[PDB]
Visitor: 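We have in hand a structure of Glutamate receptor 2 carrying ZK200775.
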Number of protein chains: 2
Amino acid sequence: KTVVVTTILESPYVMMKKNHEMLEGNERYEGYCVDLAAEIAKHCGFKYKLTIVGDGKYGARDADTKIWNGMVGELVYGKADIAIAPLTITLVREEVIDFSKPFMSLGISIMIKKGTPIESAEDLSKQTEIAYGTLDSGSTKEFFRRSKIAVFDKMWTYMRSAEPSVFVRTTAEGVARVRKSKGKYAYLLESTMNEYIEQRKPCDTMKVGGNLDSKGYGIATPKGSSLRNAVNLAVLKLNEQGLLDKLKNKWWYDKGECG
Amino acid sequence: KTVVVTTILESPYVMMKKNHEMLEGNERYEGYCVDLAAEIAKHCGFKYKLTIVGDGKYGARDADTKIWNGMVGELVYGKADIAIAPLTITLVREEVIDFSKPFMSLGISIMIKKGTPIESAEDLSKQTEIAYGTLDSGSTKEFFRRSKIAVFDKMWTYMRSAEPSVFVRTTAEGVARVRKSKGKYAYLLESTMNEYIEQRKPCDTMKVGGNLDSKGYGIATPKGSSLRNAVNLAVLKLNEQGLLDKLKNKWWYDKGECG
Ligand SMILES: O=c1[nH]c2cc(C(F)(F)F)c(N3CCOCC3)cc2n(CP(=O)(O)O)c1=O
Ligand SMILES: O=c1[nH]c2cc(C(F)(F)F)c(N3CCOCC3)cc2n(CP(=O)(O)O)c1=O
Ligand SMILES: CC(C)(C)c1ccc(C2=CC=CN3CCS(=O)(=O)N=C23)cc1
Ligand SMILES: [Zn+2]
Ligand SMILES: [Zn+2]
Ligand SMILES: [Zn+2]
Ligand SMILES: [Zn+2]
Ligand SMILES: [Zn+2]
């Protein structure tokens, strides 16, 4: 039967094509995870329907209702058969679904406006001219809250107390604050998105320094899924064939706007 | 029985309190519609639980499955008893749920970066230096697509074909696009949100021109609800008591940042 694929509208993983209103089904979409889904489906021998997650979320368990939201919720409640998306591999998610081996690495990184005299996390931690922050309710904030590393502890102590708030509700808001004329703000976010935005007009931001942690994105299936093993082996095959590296280069660089 | 209220996290209608993690139940939330819900419940004599709509949407019928999403779907399918939110009164919605009389007026409006030489839709339509657009899916786009008014037809013809795309996925994206544009992008959106953002730091956007249409937000109940009549009379009583105007002033202006 037709496999229901849950995914999320996040660039460049899944984007609406030019002329999407004239198109139907899977042809409406393009991007890294659209290309990845087509290859996974070929290698595993299934036909599929791409669906955009109903709530636009990745997946977390509400502490009060005990209900999972996002793509993880769609898998655990039987709304979708597989999630093919930049879904971070985490312990609480692996307790309720199965992840493939990762298809992409990422880590916390620093975004500056070009010109800002900052090249690293240590640089941020040792000055006060440039403000810095992150999403108000996510994994980057939690990384800093829990860290026992001196540099990151110093950064957290600053961020938690800073006035006005250095936290933002969205990346659109965070990047707008980086870009504001004489804004003197740096934004902490996933390296993959920082690198992506660095390749988009107006070409005024950059990723600086090394990543602060190491994580991976994986494909997720529900417990006991007949697809688990084949999907896992397919991710490894695509890596060994060089296809994952080719797709990253395609969507970040070949289609990049900053030279 | 405890009435289940569906609502949506949209500022300043319903927002998480700063200290929401320390709070429980209805006390976690604040905003115009939180104040409205408390007064409607008092007038109608019910106890209630505020819930945030699972999919984060207002309500539309999928053209293929024919299934309603959002708060409208929660009412239609029996998941909530009442929706107390900035839910626009429309024909297709009124066919499937009942709306109260409106509690607030709105219409499509133009957001500019301060200093942009635009005072009206006609001004936008007669030039090309300043790009303009709206949400990629929604009622504003549909208004333009369907209009027979010469100015609005001219605007639609431009927007539908503009490259790069003038459409955005979210208002956070639209507002950020206005803010970095040096005035070369204007964003079309509901007047109530445009007015709200004009009162938020960094105080660099303005609402300009008259509204392009006239609509209202209403409280919605499923067909056959025993609450319909009382909710409707309550909305009228609150208006006659001055409370609706008092709440709009409280949440838009008393709590504004640009005065
Ligand atoms: O599984 C997850 N995958 C995620 C993938 C991405 C992206 F980079 F776009 F791929 C992001 N971006 C963060 C930067 O702004 C744009 C959204 C967030 C993700 N989150 C929430 P977080 O871990 O709180 O950041 C997850 O949970
Ligand atoms: O019932 C509806 N009520 C809505 C109320 C609001 C708000 F202004 F926040 F109150 C908005 N905003 C549009 C501007 O960006 C933020 C969200 C959208 C609404 N939509 C979707 P639309 O009609 O496609 O715009 C509805 O359907
Ligand atoms: C008193 C308040 C609450 C300010 C109000 C809000 C909206 C309207 C309204 C005007 C014209 C057309 N329509 C379309 C049907 S509507 O959405 O029910 N309302 C209107 C009138 C008064
Ligand atoms: Zn067709
Ligand atoms: Zn909850
Ligand atoms: Zn919070
Ligand atoms: Zn009253
Ligand atoms: Zn589009």
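Quick note on labels: first sequence line is chain A, next is B, and so on, each numbered from 1. In listed order, ligands and their atoms are each counted from 1. Keep in mind that the numbers below use all heavy atoms, side chains included, and drop hydrogens, waters and symmetry copies.
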Visitor: So, ZK200775 - where exactly in the structure, counting duplicates?
Guide: ligands 1 and 2
Visitor: Heavy atoms under 4.0 Å from ZK200775 (ligand 1): which other chains do they belong to?
Guide: A
Visitor: So, at a heavy-atom cut-off of 4.0 Å, what does the binding site of ZK200775 (ligand 1) look like in terms of residues?
Guide: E10(A), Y13(A), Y58(A), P86(A), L87(A), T88(A), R93(A), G138(A), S139(A), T171(A), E190(A), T192(A), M193(A), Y217(A)
Visitor: Which ZK200775 (ligand 1) atoms, with their elements, are less than 4.0 angstrom from a heavy-atom of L87(A)?
Guide: 1 (O)
Visitor: Indicate yes or no: does an N/O atom of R93(A) lie under 3.5 Å from an N/O atom of ZK200775 (ligand 1)?
Guide: yes
Visitor: Hey, which atoms in ZK200775 (ligand 1) end up nearer than 4.0 Å to a heavy atom of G138(A)?
Guide: 24 (O)
Visitor: For atom 21 (C) of ZK200775 (ligand 1), find the nearest protein heavy atom and state the residue, atom name and distance (0.1 Å precision).
Guide: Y58(A) CD1, 4.3 Å
Visitor: Is there any N or O on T171(A) that sits under 3.5 Å from an N or O of ZK200775 (ligand 1)?
Guide: yes
Visitor: Taking distance alone, with N or O pairs closer than 3.5 Å, would you say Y13(A) contacts ZK200775 (ligand 1)?
Guide: no
Visitor: Which of the L-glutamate-binding residues recorded by UniProt for chain A place a non-hydrogen atom closer than 4.0 Å to ZK200775 (ligand 1)?
Guide: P86(A), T88(A), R93(A), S139(A), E190(A)
Visitor: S139(A) versus ZK200775 (ligand 1): do any nitrogen or oxygen atoms come within less than 3.5 Å of each other?
Guide: yes
Visitor: Would you check the N or O atoms of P86(A), main chain and side chain alike, for any that come under 3.5 Å of an N or O of ZK200775 (ligand 1)?
Guide: yes
Visitor: Tell me which protein heavy atom sits closest to atom 17 (C) of ZK200775 (ligand 1), plus the residue, atom name and distance to 0.1 Å.
Guide: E10(A) OE1, 3.5 Å
Visitor: Suppose we measure from atom 7 (C) of ZK200775 (ligand 1) to each protein heavy atom; which comes out shortest, and what is that distance?
Guide: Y217(A) OH, 3.8 Å
Visitor: Starting from atom 11 (C) of ZK200775 (ligand 1), what is the nearest protein heavy atom, named by residue and atom, and what distance separates them?
Guide: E190(A) OE2, 3.8 Å
Visitor: Provide the organism that the deposit lists for chain A.
Guide: Homo sapiens
